[PDB]
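Here we have a structure that includes amlodipine.
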Amino acid sequence: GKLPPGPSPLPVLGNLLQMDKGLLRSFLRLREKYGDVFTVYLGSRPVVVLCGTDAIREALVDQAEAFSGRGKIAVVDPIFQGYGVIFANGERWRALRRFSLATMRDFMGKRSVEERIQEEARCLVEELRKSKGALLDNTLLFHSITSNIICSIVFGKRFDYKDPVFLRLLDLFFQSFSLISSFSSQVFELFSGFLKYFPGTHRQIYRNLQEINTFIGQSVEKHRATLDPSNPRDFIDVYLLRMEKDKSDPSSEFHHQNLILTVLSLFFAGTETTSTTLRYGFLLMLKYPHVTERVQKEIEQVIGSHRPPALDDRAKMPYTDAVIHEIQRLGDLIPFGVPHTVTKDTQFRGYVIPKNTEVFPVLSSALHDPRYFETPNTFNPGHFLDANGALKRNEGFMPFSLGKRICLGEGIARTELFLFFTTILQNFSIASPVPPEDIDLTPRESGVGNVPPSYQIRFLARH
Ligand code: HEM
Ligand SMILES: OC[C@H]1O[C@H](O[C@H]2[C@H](O)[C@@H](O)[C@H](OCCCCCC3CCCCC3)O[C@@H]2CO)[C@H](O)[C@@H](O)[C@@H]1O
Ligand SMILES: CCOC(=O)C1=C(COCCN)NC(C)=C(C(=O)OC)[C@H]1c1ccccc1Cl
Ligand SMILES: CCOC(=O)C1=C(COCCN)NC(C)=C(C(=O)OC)[C@H]1c1ccccc1Cl
């Protein structure tokens, strides 16, 4: 009728009995029948699925405001309750977002995000030197360094990598991601009005997250008791000042609740995905030693062996830059996008999408678009190099998404990827027990997060 066309749904279950192995391949078969915009019933509610670069741009870019709503994730909603950037809607979201930009684009205290990442990179190198070339799983370290960048921005400090209190909270935090992406939580996302009365992963997510909130909560009180309003140290200080100022407005959103959850929001948006992109990139660098060998020769040409890599070096390193883009593209770590909603009844391609309908923008269908990518299932830095060896970007490259919800941390993310990759490869070459030809790139869990398989790697200190 009005909604976009899609397969006919059963009553309670919607189109689930007809869905899968992987949702991505179902969406992909459904696109083959119904085209680039279609309706699927994942449970009783309808979801509009945007496939292809085009549909996604028309929605999120041309009718941006309409498509700037955030879809609820019920597994973590009883913790978040729509606080924090990545979870907020309407005026709360606008204000939280403008404030974060007005804030994190101002690094109150004196040291920049870039300098902090360079410092984390130095600490990483020294720590990896201690391994002496022994086989390791880099999961823990890569979680630790990206957490550390958020800790630095929000709490004004980093943690040592063997800090066992930090590691205990870190284990809890990232276990909450393994759990949110489990079947038991998928089923929960569909039947939460019922299963919330039973035992399950949701009770474990809740407890793990509330335990982290407790420590965030204690850090806020410590910041307040130690505050110098003339020299804010970090995000929390700046936010505490803004609470006072707006103290006389009860339409103001700048309260204690919003602060704990926004902080936990930033860890949640800012760590796992970046960490996993790093872990994926090093899997590709083992798989293709010639690429890693060329990135090293670019590092030596432009940077040298001595001084630390800096962000201005990127513009002079189009090859390494193209390798990073291509790790993000092939890596495809958020394949279905993060769910949106429409904020009003919305006309779109002759269809009507009623307010608050959920919408999935399937970024994967853009990252693999054969219009923009000659060989989409194969690792190829060439995708982002022109005939003169300079970097090119095209409209298929939308790993951070688009429009009003575009990744708030994009520039930080790319700085992390750039400085972590080059400062590591400047100092270490790499070797694994599995030869390149036997290395498998196929995601071990292809859900909302597309996880690379576990592997072991050596970091061999250079010259
Ligand atoms: C490789 C790393 C990252 C990738 C690929 C990534 C990608 C994304 C994507 C796809 C979204 C969804 C946008 C949408 O709703 O359409 C997102 C949202 C977001 N990202 Fe990132 N992100 C990354 C790292 C970060 C970092 C380092 C931060 C900084 C803390 C960050 C902060 C956020 C925030 C706050 C949102 C929610 C924005 C909103 O709803 O307004 N992300 N990110
Ligand atoms: O007696 C004082 C104790 O406190 C010290 O450190 C604090 C630090 O000062 C304090 O900054 C820290 O709080 C961190 C709170 C939030 C943790 C956030 C994230 C960490 C990892 C990824 C997501 C969660 O917790 C530690 C303990 O609560 C140390 O933890 C202990 O060595 C010591 O015993
Ligand atoms: C078969 C289940 O897929 C869904 O319908 C989802 C949905 C379904 O909710 C539909 C709400 N109208 N929501 C979420 C949150 C998803 C997710 O795993 O985040 C935890 C996705 C999702 C869940 C499991 C596996 C893949 C995806 Cl994309
Ligand atoms: C909507 C809040 O969820 C997030 O913020 C998440 C994010 C937020 O950070 C993403 C990058 N900005 N990252 C990851 C990894 C998620 C995940 O489930 O991994 C298991 C997701 C997530 C991504 C897509 C769909 C559902 C979820 Cl729970």
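Here the PDB entry sets the residue numbers for chain A, with the shown residues being 28-47, 49-135, 137-492 in order. Hydrogens, waters and symmetry mates are skipped; everything else that's a heavy atom, side chains included, is used. In each ligand, atom 1 is the first atom listed, and ligand 1 is the first ligand listed.
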Which ligands, or which chains, stand for amlodipine? ligands 3 and 4
Looking at contacts alone, what is the main macromolecule next to amlodipine (ligand 3), by its name in the PDB entry? Cytochrome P450 2B4
Numbering the atoms of amlodipine (ligand 3) from 1, which are under 4.0 Å from a heavy atom of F365? 28 (Cl)
Please verify whether a non-hydrogen atom of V103 lies at under 4.0 Å from amlodipine (ligand 3). no
With atoms numbered from 1 as shown, which atoms in amlodipine (ligand 3) lie under 4.0 angstrom from a non-hydrogen atom of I101? 15 (C)
Just which atoms of amlodipine (ligand 3) are under 4.0 Å from any heavy atom in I209? 20 (C)
Please specify which residue and atom carry a covalent bond to amlodipine (ligand 3). none
Under 4.0 Å from amlodipine (ligand 3): which other ligands or ions? ligand 4 (amlodipine)
Geometry only, no angles: is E387 polar-contacting amlodipine (ligand 3) at N/O separations under 3.5 Å? yes
Report all residues and nucleotides of other chains within 4.0 Å of amlodipine (ligand 3) (non-hydrogen atoms). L51, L70, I101, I209, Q215, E218, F365, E387, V477
